[PDB]
Each structure stands twice: as C-alpha cells, then as structure tokens.
J.: 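One structure is given below, represented as structure tokens, and several questions about it will come after.
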Amino acid sequence: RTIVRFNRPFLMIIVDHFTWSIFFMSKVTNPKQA
Amino acid sequence: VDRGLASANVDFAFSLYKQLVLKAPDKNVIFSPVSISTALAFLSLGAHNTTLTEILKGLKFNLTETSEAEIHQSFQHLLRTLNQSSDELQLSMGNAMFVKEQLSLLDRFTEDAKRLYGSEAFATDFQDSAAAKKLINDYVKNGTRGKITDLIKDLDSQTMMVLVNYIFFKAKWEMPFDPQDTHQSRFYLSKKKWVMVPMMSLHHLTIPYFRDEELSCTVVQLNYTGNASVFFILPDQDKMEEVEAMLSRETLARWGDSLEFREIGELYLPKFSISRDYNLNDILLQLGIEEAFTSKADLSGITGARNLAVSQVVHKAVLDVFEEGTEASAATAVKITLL
Ligand SMILES: C[C@]12CCC(=O)C=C1CC[C@@H]1[C@@H]2[C@@H](O)C[C@@]2(C)[C@H]1CC[C@]2(O)C(=O)CO
C-alpha cells in the first residue's frame, strides 16, 4: 500500500483544465507560520 | 484559453514564484499568477513605447509571435471563460479602475478597459485617502466574499488611479476528507523541528500519481468538482530548493504527462489556512518592468499625455484547505500617480 504523507514542505498548484490558467500557486513551509 | 496565453501566463507564474522565494526563502508562498498577469495586462492597455514593451515582455509574451492587440483579446476571452456560470464550483474574477474625478481619460482607454477587461471606472476622491482606501478595500472584500480585507494599506493622497483585479475561488473535493479522520500530527519544518497540525486523511484512493526520481519528489493530482484540480508536489526531505529550481512550464507539462493512476493506501494532508501580502515592485523590476515606475514612464494611452506613473503594485492572497474542499482568493492593485 503506497502512502503519501504531506508532513513536510510541499507545493500546491491550483489549475484550470479549460484555460490552463494557474489560479493559485503555493508553498507550504509551515502551516502555522505567522 | 488559447495556447499562447497559457504558455506566457505559466512562464510568468514560475518566474514570479522563483523571485518571491529568493526574496523570502523561509516563508510560505501563496499568490494568484493569473490575477497579477491580468492586472498588469490591464495596465499595459495604457502603456506606450518602452513602458509597454517591458510589461508585455515581463509577462513572458513572445512579441515576435504575438501583438498587444492579440494579447488583450486573449485576456478578454479568459475573463469571459473564467466568469461563466457554474453549478459546481465558484469562480469569479473582476477588474476595476478607481480614478480621481478630475483626471482626463482618453475615451478609447475607458472603452477598451470596459470591453476587454470588464472594468468599470469608479470616480474616487483620493485626497480623502481614508475614504478612497475603504472604497477600494470594500470592492475587493465584496469580490472575494470577505476573504481579502486589507489589500490597500496606505494610499498616497496624491494618487490619480488604482487598477484592481480580484479572483475568488471555492471548490469541493471530488473525494472529500472525513473530519472524523483528521488528527493532530507532526508537520516537520526541518529534519529536527516540527509543529502539530490537524492532518486530514483519505484511505483507499485511486488518483493520478508520479514519483519523479530525478527530481526527488512525488506528484499527485487531486480533483475538485468542476473544471479545476490541484497538483501537489512533495519534495523529499531537504529537497525543496532543488525542486523549486526545476519549476517551469516544461516541468509542469512533463509532470502532467507522466501521471498514472495508482491506488493510494493513505493520503495525509494538513488542514491549514495561510496568507501572504506582497509589495511586487522589486519583483517586477527584476522581471524587467522598470520604466513604468520612473519619471520616464509612458502611460499616455490612459490620458493622452505622459503624465502618469506607477508608484506601487501590491498583491494579497489567502488559501484555506479543509476536509470539504478549498477556498482561495487574491487581489492585485496597481497604484498610479501624477508624473
Ligand atoms: C503545462 C501546460 C501545458 C503548456 C502550457 O501552455 C501551460 C500549461 C499549464 C497547465 C497544464 C498544461 C498541460 O501540461 C496539461 C495540464 C497539466 C495543465 C493543467 C491541467 C492539465 O490539463 C492536466 O492535468 C491534463 O489532464
């Protein structure tokens, strides 16, 4: 069973399939960062 | 919607990302590339000569293969597509211009602003700077459903014009997380430091997946109901900077073309809300957008005279990830003074 655990910094790229727009791009280095 | 808009806007997204991380290497990043692209394209509507060329090149358009007229038509088409009605996900993008009542504007500029960018022109009394600040922030608050409240922090009382773009996004996961499965768990800031976060989980999921061994990262695509989805890229421990330096349109396309469906035993994803505010002046200058800020600024397509210059471009964005879906919003403002 493959496990995918986002418990360290990761990137998130929110994309539109119609226009191929990147709506949002994000790096989560600390979900609780000030 | 068209391939050359998407290619320039994606190139711009990753160029902007890389400059934000160079500026603040220890911080979360959240921004909307398409908001910033649209705001600056809107600005270019009024630019001439080197001011214009710098903006369009900074936005990563290949001017030997496209023209400003084709560029604006492409943004018009995008805004129409993004703002279509949907019974599945909420997505909205708006543009506006706030202008000192007595500033004389070319009729062609105001007409093209409304026709191409969907922008109204709000007469605004910038000498009553607190009231002008509140009107612009209220417009953004309305468009973002209360998510972006303080886009404008300071407004020079001698401002002539502010161009504003906002984007609002709210979507449900196609496969939502059950909050009964969300548990406090470690999120490792580094090999030896962590924080405790609510860790959501999904079990026995079949999703598109790619292990990129050359870049030491794992890529999965999670889907929203509707036309949007999200690439999650998980670098191995301490490999984030290596993955970041490989971010590009080429790499994103390769990742998209390399995904295969895989049964995942358990996927763990934090529930989190993050937000960031930016002064984009130094970033835009690194991207070659320079004359618009200077006394050589040429915005004579707005007024007919070379009497306006950009003072500051700001951006704010918020991202909320939780069991039912995602909500994200952002806005971009171009502040313009007399020259
Ligand atoms: C880089 C790419 C192709 C080249 C370009 O001008 C810009 C884009 C950005 C969005 C990408 C796109 C393609 O690769 C297909 C992608 C990944 C799309 C996001 C969603 C997508 O449609 C898929 O995931 C295919 O299912």
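Just so it is clear: chains get the letters A, B, ... in the order the sequence lines come, proteins before strands, and each one is counted from 1. In listed order, ligands and their atoms are each counted from 1. The basis for the numbers below is simple: all heavy atoms, side chains too, and nothing from hydrogens, waters or symmetry mates.
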J.: Help me out: which of spectinomycin, hydrocortisone, rabeprazole, berberine goes with ligand 1?
T.: hydrocortisone
J.: Hey, which chain has the most contacts with hydrocortisone (ligand 1) here? Just the name the PDB entry gives it.
T.: Alpha-1-antichymotrypsin
J.: Could you check which other chains have heavy atoms less than 4.0 Å from hydrocortisone (ligand 1)?
T.: A, B
J.: Which name has the entry assigned to chain B?
T.: Alpha-1-antichymotrypsin
J.: At less than 4.0 angstrom from any non-hydrogen atom of A/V15, what atoms of hydrocortisone (ligand 1) do you find?
T.: 19 (C), 20 (C)
J.: Hey, which atoms in hydrocortisone (ligand 1) end up nearer than 4.0 Å to a heavy atom of B/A253?
T.: 1 (C), 14 (O)
J.: Backbone or side chain, does any N or O of B/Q221 fall under 3.5 Å from an N or O of hydrocortisone (ligand 1)?
T.: yes
J.: Could you work out, for atom 18 (C) of hydrocortisone (ligand 1), the closest of B/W255, A/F18, A/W20 by heavy-atom distance?
T.: A/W20
J.: Considering the heavy atoms of B/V10, write down every atom of hydrocortisone (ligand 1) situated less than 4.0 Å from one of them.
T.: 7 (C), 8 (C), 9 (C)
J.: Within hydrocortisone (ligand 1), which atoms have a heavy atom of B/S7 less than 4.0 Å away?
T.: 6 (O)
J.: What would you say the binding site of hydrocortisone (ligand 1) is, if we count heavy atoms under 4.0 Å?
T.: A/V15, A/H17, A/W20, B/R3, B/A6, B/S7, B/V10, B/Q221, B/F231, B/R249, B/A253
